[PDB]
Each structure stands twice: as structure tokens, then as C-alpha cells.
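Contents: one structure, followed by commentary.
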Amino acid sequence: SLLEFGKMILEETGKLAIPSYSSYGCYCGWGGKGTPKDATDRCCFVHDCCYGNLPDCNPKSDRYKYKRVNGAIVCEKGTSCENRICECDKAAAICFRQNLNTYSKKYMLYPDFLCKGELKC
Ligand SMILES: COc1ccc2c(c1)c(CC(=O)O)c(C)n2C(=O)c1ccc(Cl)cc1
């Protein structure tokens, strides 16, 4: 679920998901279109594609369980949808952590009109 994902993001990065990752670039949050602005935004593009692999799952609301094995995220067994949603969220949180060094506040609240075009998953 979005609330869990926000907690996983905060745990990984030390940034609050809202507002650091909820309106960032072209894909973090509302998403849709354009060339991702930077590595962090690319994390969000891939996460959007990951959710898109799961058209009959409901990632905003479906809760999954995960644990920490020392710092590593281990998705625990739930339903198929929950397992897959967890792996998508885990990857995004790790991606955000791996790209904190280039995270840029100038991309927060990035305007939709600067995000134009395709980019297939
Ligand atoms: C490839 O682009 C997508 C497609 C679907 C998406 C998202 C991004 C994000 C992006 C996000 O919030 O990070 C969410 C939440 N999607 C869904 O929830 C969703 C839910 C139910 C169905 Cl049936 C289909 C899709």
C-alpha cells in the first residue's frame, strides 16, 4: 500500500515520501509522460512500469508484509499480488537510496508541461 511504501522510503532514505518523492520530476507521484529528469525520476518510471506489470493488483491499497534481515528488505509471503507489489516497492526504495547523491530539490513539484512523450516500459 502507498502508506507502507512511504514508510519503506523513509526507512531507506531518511526523506519523507511526501513531499520528497510524491511530486518529483515527471514520474514520481502522478506520473505519465516525458523523459525522466534524472536517476531518481527513472526510479519512479521503472516503479510505474512495475505496477503496470500488475493490472489486476491494487498497489495503493493492498498491504504486504516485509522484514529486515539486518538492513536488507525481504518481502514475506502473502498473495501473489502482495508479493509482486512488495518487490516493486522494494526496488524503488533501493533505487532511491542508490541515487540520493544526485537527488535535486529543483525537481520537486515539477510541472506537467515539461514532461512530454512516450517512453515505453
Ligand atoms: C505504467 O504506469 C503506471 C500504471 C499503473 C499504475 C502506476 C503507473 C502507478 C504509479 C504510482 O503511483 O507510483 C500506480 C499506482 N498504478 C496503479 O496503481 C494501477 C492500479 C490498478 C490498475 Cl488495474 C492499474 C494500475
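For chain A, we keep the numbers from the PDB entry: what you see runs 1-14, 16-56, 59, 61, 67-86, 88-122, 124-131, 133, in order. Looking at the header, which is where the method is noted, we find X-ray crystallography, 1.4 Å. Numbering of ligands and ligand atoms starts at 1, following listing order.
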### Task
State which drug is present at ligand 1.
indometacin
### Task
Report, by its name in UniProt, the chain making the most contacts with indometacin.
Basic phospholipase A2 VRV-PL-VIIIa
#### Entry: Identity and separation of the nearest protein heavy atom to atom 9 (C) of indometacin
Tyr52 CD2, 3.5 Å
### Task
For atom 19 (C) of indometacin, find the nearest protein heavy atom and state the residue, atom name and distance (0.1 Å precision).
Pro68 CD, 4.5 Å
### Query
For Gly32, is the nearest heavy atom under 4.0 Å from an atom of indometacin?
no
### Message
Under 4.0 Å from a heavy atom of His48: which atoms of indometacin are those, numbered in the order shown and with their elements?
### Response
13 (O)
### Task
If you have a sec, work out which protein heavy atom is nearest atom 10 (C) of indometacin and how many Å separate them, to one decimal?
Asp49 OD1, 2.9 Å
### Message
With the threshold set at under 4.0 angstrom, would you say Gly33 reaches indometacin through any of its heavy atoms?
### Response
no
### Task
Please check atom 14 (C) of indometacin for a protein heavy-atom neighbour under 4.0 Å.
yes
### chain A organism per PDB
Daboia russellii russellii
### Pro56: numbered indometacin atoms lying under 4.0 Å from its heavy atoms
22 (C), 23 (Cl)
### Task
Give the UniProt-annotated Ca(2+)-binding residues in chain A that lie under 4.0 Å from indometacin by heavy-atom distance.
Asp49
### Message
I need the residues around indometacin for a figure - heavy-atom cut-off 4.0 Å, please.
### Response
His48, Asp49, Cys50, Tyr52, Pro56, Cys61, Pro68, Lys69
